[PDB]
A.B. asks: 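Following up with a structure containing sulindac.
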Amino acid sequence: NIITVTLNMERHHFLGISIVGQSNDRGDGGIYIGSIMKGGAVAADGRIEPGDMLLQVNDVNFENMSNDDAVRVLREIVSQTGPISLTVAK
Ligand SMILES: CC1=C(CC(=O)O)c2cc(F)ccc2/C1=C\c1ccc([S@@](C)=O)cc1
């Protein structure tokens, strides 16, 4: 079940979701949500929970990107201004 959530970065300063990259023999393990930090934008939503997979983040797609690279691009968005839309795979 793919769900897209729009986090408000006006009142929230951090998302509160530690990204965990899944590493294996191949490498396309993808990035998943580790833990949610109370006080973050994600904790204000509720649809995202530990174990959710990040697919698309503000138009950008991480499904065919490296785990590390996904976080690289993600950091550019997370350290920017504007609404952050997270597309998770539950
Ligand atoms: C909690 C958390 C957030 C969201 C937030 O709380 O605002 C986040 C955003 C990013 F763009 C990158 C990393 C993180 C993070 C925890 C963590 C995950 C991976 C790394 S390594 C893969 O660089 C380090 C730390």
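Residues 1-90, in that order, are what chain A shows, numbered as in the PDB entry. Only this structure's heavy atoms are used, side chains among them; waters, hydrogens and symmetry mates stay out. Order of appearance sets the numbers: ligands from 1, and atoms from 1 within every ligand.
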A.B. asks: For sulindac (ligand 1), which chain wins on contact count (greatest number of heavy-atom pairs under 4.5 Å), named per the PDB entry?
C.D. replies: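 The chain with most contacts is Segment polarity protein dishevelled homolog DVL-1.
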A.B. asks: Define the binding site of sulindac (ligand 1) with a non-hydrogen cut-off of 4.0 Å.
C.D. replies: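 Within 4.0 Å (heavy atoms), the residues are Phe14, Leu15, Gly16, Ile17, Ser18, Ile19, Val71, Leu74, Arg75, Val78.
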A.B. asks: Find the UniProt domain of chain A that dominates the interface with sulindac (ligand 1).
C.D. replies: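 Most of them fall in UniProt domain PDZ.
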